[PDB]
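This file shows Troponin C, slow skeletal and cardiac muscles complexed with trifluoperazine.
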Amino acid sequence: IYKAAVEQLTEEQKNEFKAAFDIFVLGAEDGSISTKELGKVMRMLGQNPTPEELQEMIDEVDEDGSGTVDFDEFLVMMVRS
Amino acid sequence: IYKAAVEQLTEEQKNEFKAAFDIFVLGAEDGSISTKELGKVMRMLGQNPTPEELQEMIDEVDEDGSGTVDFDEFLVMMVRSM
Ligand SMILES: CN1CCN(CCCN2c3ccccc3Sc3ccc(C(F)(F)F)cc32)CC1
Ligand SMILES: CN1CCN(CCCN2c3ccccc3Sc3ccc(C(F)(F)F)cc32)CC1
Ligand SMILES: CN1CCN(CCCN2c3ccccc3Sc3ccc(C(F)(F)F)cc32)CC1
Ligand SMILES: CN1CCN(CCCN2c3ccccc3Sc3ccc(C(F)(F)F)cc32)CC1
Ligand SMILES: [Ca+2]
Ligand SMILES: [Ca+2]
């Protein structure tokens, strides 16, 4: 069902998200989003998610068990919420 | 019609948006989001909007024609965004 929504994205939408994804993984080891980068982003947007909530957000879309979110999984994250 | 979705939003949702709105207008001369505050947010999220794109984004939800976005219009900007 979520695979569908992503596919329903236009080049414009995907590129917008890619630009956001890129700035988010700055200074990130594997070039992916971990709880650290996700926390920083949500806090700069005025939110204060707990370490548990951040891990759940990530585990929910971490299909390859990397413990991090790559762009493809990031798109599913966008889709969900 | 986006007036419908705003109604659908839950408090927690509206509360999260308020927290965002509040951080976005820190420093705004009038507590509202002008092109300056919107541009900073867009850029903070890796985007690059022209001054015109920013004006248009504001205009789409500027019901009182203030040239700025207050919290109620912001909710519509969020809902609208889809
Ligand atoms: C308790 N629980 C805590 C988290 N909230 C949802 C936060 C969603 N969110 C958000 C919403 C309003 C204002 C700022 C933000 S930061 C943010 C960043 C990424 C995502 C992302 F990745 F999902 F798209 C979702 C959010 C729901 C309730
Ligand atoms: C179908 N379409 C799916 C995606 N959603 C938008 C998701 C973006 N998003 C979000 C989602 C739910 C609730 C709040 C938020 S605020 C927010 C803040 C940052 C980002 C981030 F990461 F990009 F920076 C993404 C989001 C719109 C409808
Ligand atoms: C020309 N036109 C300009 C705007 N873009 C959409 C921007 C949506 N958006 C967004 C989407 C993905 C990644 C980052 C961002 S920054 C951002 C900041 C605020 C809003 C906010 F306030 F509206 F919710 C919406 C966005 C579409 C095409
Ligand atoms: C369920 N969903 C809840 C709220 N809105 C979505 C807001 C998410 N949002 C957005 C919307 C459409 C396309 C891209 C994006 S990225 C984005 C980036 C920042 C913000 C920022 F900074 F403003 F918070 C909000 C959004 C639509 C319906
Ligand atoms: Ca992963
Ligand atoms: Ca206004």
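The sequence lines are taken in order and lettered A, B, and onward as chains. Just so it is clear, chain A uses the PDB entry numbers, and the residues here are 4-84, in order. Residue numbering in chain B adheres to the PDB entry, whereby the residues present occupy positions 4-85 in order. Reckoned from all heavy atoms, side chains included, excluding hydrogens, waters and symmetry mates. Determined via X-ray crystallography, 2.2 Å. When a ligand or atom number is given, it counts from 1 through the structure's own listing order.
Taking every instance into account, the structure holds trifluoperazine at ligands 1, 2, 3 and 4. Counting only non-hydrogen atoms, chains lying under 4.0 Å from trifluoperazine (ligand 3): A, B. In the candidate list B:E55, A:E15, A:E19, B:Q50, A:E19 is nearest to atom 6 (C) of trifluoperazine (ligand 3), counting heavy atoms. Heavy-atom distances between A:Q16 and trifluoperazine (ligand 3) stay at or above 4.0 Å for every pair. Atom 4 (C) of trifluoperazine (ligand 3) has its closest protein heavy atom at B:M60 SD, 4.1 Å. Scanning the protein heavy atoms around atom 23 (F) of trifluoperazine (ligand 3), the nearest turns out to be B:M80 CG, 3.2 Å. The protein heavy-atom contact nearest to atom 24 (F) of trifluoperazine (ligand 3) is B:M81 SD, 3.4 Å. Within the listing of trifluoperazine (ligand 3), atoms 1 (C) sit less than 4.0 angstrom from a heavy atom of B:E56. Covalent attachment: none from trifluoperazine (ligand 3) to a chain. For atom 17 (C) of trifluoperazine (ligand 3), the closest heavy atom belonging to the protein is B:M45 SD, 3.7 Å. Against a heavy-atom cut-off of under 4.0 Å, A:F20 is close to the following atoms of trifluoperazine (ligand 3): 12 (C). For atom 2 (N) of trifluoperazine (ligand 3), the protein comes within 4.0 Å by no heavy atom at all. Binding site of trifluoperazine (ligand 3), heavy atoms within 4.0 Å: A:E15, A:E19, A:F20, A:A23, B:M45, B:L48, B:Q50, B:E56, B:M60, B:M80, B:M81.
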